[PDB]
Amino acid sequence: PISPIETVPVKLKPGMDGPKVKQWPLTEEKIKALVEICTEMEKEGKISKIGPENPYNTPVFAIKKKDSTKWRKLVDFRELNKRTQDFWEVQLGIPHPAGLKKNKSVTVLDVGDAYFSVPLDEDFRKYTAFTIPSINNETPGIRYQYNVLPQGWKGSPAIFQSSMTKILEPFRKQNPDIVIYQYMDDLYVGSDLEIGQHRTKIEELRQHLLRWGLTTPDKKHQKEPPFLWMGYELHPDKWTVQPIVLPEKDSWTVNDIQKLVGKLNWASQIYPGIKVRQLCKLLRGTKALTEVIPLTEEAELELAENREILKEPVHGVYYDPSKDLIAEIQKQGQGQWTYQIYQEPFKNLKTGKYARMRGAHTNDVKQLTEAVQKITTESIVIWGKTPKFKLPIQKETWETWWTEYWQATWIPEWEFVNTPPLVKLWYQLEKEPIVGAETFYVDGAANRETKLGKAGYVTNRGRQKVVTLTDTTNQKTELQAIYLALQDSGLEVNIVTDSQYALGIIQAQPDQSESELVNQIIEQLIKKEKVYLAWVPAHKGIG
Amino acid sequence: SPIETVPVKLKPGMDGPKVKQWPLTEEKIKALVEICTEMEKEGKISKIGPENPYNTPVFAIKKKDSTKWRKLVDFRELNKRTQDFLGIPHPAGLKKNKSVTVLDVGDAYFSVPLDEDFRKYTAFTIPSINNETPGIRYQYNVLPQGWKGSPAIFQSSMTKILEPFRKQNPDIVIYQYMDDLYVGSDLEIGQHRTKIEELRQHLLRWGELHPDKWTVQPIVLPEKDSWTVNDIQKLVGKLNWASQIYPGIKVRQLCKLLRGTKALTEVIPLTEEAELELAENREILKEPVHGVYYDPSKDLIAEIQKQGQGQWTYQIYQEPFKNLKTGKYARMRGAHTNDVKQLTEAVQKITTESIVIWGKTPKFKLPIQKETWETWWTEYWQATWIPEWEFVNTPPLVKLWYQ
Ligand SMILES: O=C1Nc2ccc(Cl)cc2[C@@](C#CC2CC2)(C(F)(F)F)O1
């Protein structure tokens with residue numbers, strides 16, 4: 001079955017010439033097969049015989065397809081694939097089940113062999129030349145060249161999709177009520193028609209595909225739901241998490257632990273509650289992938305507690321365009337967020353989790369923002385719209401923060417949902433000096449070379465202190481300076497510094513950092529009642 | 001309906017842009033597919049296969065003056081790899097004009113065809129929700145709007161079309177920047193608006209703005225009756241920083257007042273010397289620094305700072321501290337809750353002035369996270385062009401200053 005669609009013009013990479021490879025010496029059997037095989041597609045029109053006017057060649061092989069003692073072939077286009085031009089990206093993006101709509105019935109039509117159905121570019125064919133070996137290398141070489149898309153060739157996938165995309169455009173317009181997801185050599189067709197009516201349309205489309213030479217399996221060979229889709233198992237009315245099985249075992253190797261955390265982490269998305277903290281600790285210092293590790297009981301408790309979470313599978317439902325989208329977010333740990341997108345409460349579409357490492361110096365609100373942003377995007381990619389958000393943050397809070405942050409930020413129409421823990425600002429710097437408050441003139445500096453330093457302060461109330469630091473850097477000095485001022489201060493303080501780093505860091509009301517010291521300061525700040533922080537030029541000899 | 005097409009090429013060695021399309025909302029996709037089927041009928045653009053490896057991002061916006069959607073392509077990458085070039089001049093006229101009105105003339109281009117061999121370089125793609133399908137691939141056959149090569153090639157045609165109005169109304173300035181046409185006159189609002197409607201018809205037959213009103217805002221120094229240790233501190237901080245623009249500024253006399261571990265709240269009187277040092281400074285800041293001249297051969301830069309409460313500040317310079325112009329901006333009525341809105345409005349206003357004054361888009365340094373901007377800027381854009389931009393972290397100092 002050969003296709004009548006127009007061929008895609010193909011060209012070799014800028015200034016390169018076709019493959020000039022050899023044709024491995026074969027056994028009487030291997031040659032016997034190929035000859036028969038070729039003669040088969042030869043009559044089919046798949047390949048044709050080419051004269052000596054073709055100086056190209058690609059190595060051909062013969063392998064007995066496992067399960068069948070019958071001979072099968074294979075052509076090595078590696079060389080060709082290198083010399084071939086680039087095409088557009090074949091995978092725009094993965095269709096996520098949560099994006100699928102609910103259908104009464106659906107059937108998948110595996111096309112597969114269709115490759116050999118799509119005609120190759122008339123002019124490019126010559127480069128697809130290959131030769132058959134004579135048992136003892138008598139005299140000639142029974143040459144052929146590909147006359148259609150070749151298995152394993154670079155272009156095949158790319159070009160097949162297109163063709164497939166075209167051969168479907170007409171049908172796509174006619175039966176809008178019908179859905180068809182294109183994906184590799186699979187054709188996913190779902191609808192809301194009554195089963196019989198559906199089977200009909202299937203055949204209709206099926207014949208349509210056949211109208212262009214595309215051979216597909218009939219009803220009696222079509223695969224039926226539920227469908228094994230990347231991690232998910234989906235039925236016409238719902239999708240389900242293909243329950244995860246954790247191999248219970250004696251000894252554990254490093255490698256094993258990795259793969260475990262792999263699986264485990266992937267599941268964190270769906271089963272929030274999964275933990276790997278202890279499990280991850282086992283890697284520390286690992287010398288070999290095949291090294292075995294003594295699973296700590298803490299890791300035992302955790303690993304077990306997981307096997308339970310991964311017990312109760314959880315189903316989910318599909319997208320209903322008529323319904324608006326609702327995304328809700330919860331704060332799990334520090335910089336650990338969970339969200340779910342549902343159209344009807346408890347009836348989830350998707351759920352994920354995010355873990356934003358300490359980064360540098362960030363805060364919860366910012367983070368939240370980053371999540372909303374991330375989620376927003378997923379949404380535009382899956383459903384084309386952005387969900388209304390239900391956020392654990394007081395409108396007053398959000399307002400106070402964004403109107404005063406230096407960077408442009410924003411959250412789409414969202415609504416406060418009183419579901420603790422709520423995100424809040426852990427402190428705020430006074431806008432002006434605190435009247436009747438001690439004033440600390442903190443300074444810090446360290447010898448970049450020796451890493452020796454002093455940090456200290458003096459106040460309007462005559463108090464003072466200084467400290468010499470070993471193995472430090474200038475910036476840790478400036479911060480330390482401030483830490484002291486915060487320690488020895490008391491509920492209310494005015495702190496002037498000449499440090500720009502700090503003024504920066506803190507003024508950005510961060511509530512978490514990579515730097516322990518900052519964390520220290522931060523804690524100290526939350527503790528205070530009122531803190532005013534001022535900056536002044538350094539080496540200007542001020543106060 | 002073709003004409004003899006001019007041959008265009010990419011700068012030597014360069015290859016076609018291959019830019020990934022950003023996910024688009026449903027609402028936008030529809031607008032596009034609709035907008036493109038018709039353009040395909042009309043033979044403007046044509047579907048293309050996979051054998052075309054290039055791509056340029058595409059999307060849709062809608063100006064206030066129109067509830068209908070408008071397609072926009074991001075040729076920034078393509079424009080950048082396109083050969084330069086018969087010419088396109090820039091006047092200093094409208095820079096002074098009383099009133100200028102911008103006209104979206106993009107349309108004209110679609111009349112002119114595009115050199116076969118180059119067309120491949122305009123392949124763009126319309127995405128499918130949840131990737132149900134490999135997006136749609138098109139490629140222009142005519143001059144694309146927003147491509148630097150279009151106003152050029154359509155140079156001839158344009159000049160002609162205009163000449164009448166030109167020397168017939170010479171008391172008017174006409175500038176063209178890509179898909180836009182800037183018209184400036186000192187003729188009072190009545191005549192200006194009517195003359196404009198007059199010119200429209202002239203073009204249609206074929207197929208508010210106020211310069212000077214924009215004066216670089218001087219850096220003002222606050223006046224107190226009494227000063228607190230903090231007040232002087234804040235002040236000295238600003239001047240110190242400002243000496244970078246005016247080396248004339250001195251701060252020693254005030255720094256003297258700050259000697260001692262005093263309480264920020266403590267009140268302090270000014271020595272007659274500090275009174276002078278200050279007064280003298282005030283004067284210096286009364287005018288923009290000497291020696292700042294627009295160097296056409298260098299990149300123009302725009303820096304913006306969120307001042308909050310709705311305000312934003314920005315500066316255009318080629319060399320740090322040698323601003324060509326600085327300004328402020330108060331959020332448009334309505335963007336009262338969303339920054340991105342404002343920032344995109346702000347960027348656009350500036351890019352415009354830029355064009356008006358130097359006929360060159362500034363490169364923007366934006367106070368926002370990339371992710372944020374990329375996610376929502378398209379929602380508020382209403383300009384045919386797209387300037388270059390980078391994201392940064394506003395050094396609080398450069399902020400208090402312009403405040
Ligand atoms: O939007 C829907 N609805 C749907 C509902 C249940 C199932 Cl099991 C499958 C689908 C479907 C798909 C698909 C694979 C490509 C992902 C189909 F296209 F209909 F086949 O996409």
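Within every chain, numbering begins at 1; the chains are lettered A, B, ... in the order of the sequence lines, protein sequences first and strands thereafter. Hydrogens, waters and symmetry mates play no part in the numbers below; they use all other heavy atoms, side chains included. One-based numbering, in listed order, for ligands and for the atoms of each.
Against ligand 1, the chain with more heavy-atom contacts than any other is given by the PDB entry as HIV-1 RT, A-chain. According to the PDB, the drug located at ligand 1 is efavirenz. Other chains near efavirenz (heavy atoms under 4.0 Å), by letter: A.
Lab note: binding site of efavirenz, heavy atoms under 4.0 Å, is A/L100, A/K101, A/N103, A/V106, A/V179, A/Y181, A/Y188, A/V189, A/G190, A/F227, A/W229, A/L234, A/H235, A/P236, A/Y318.
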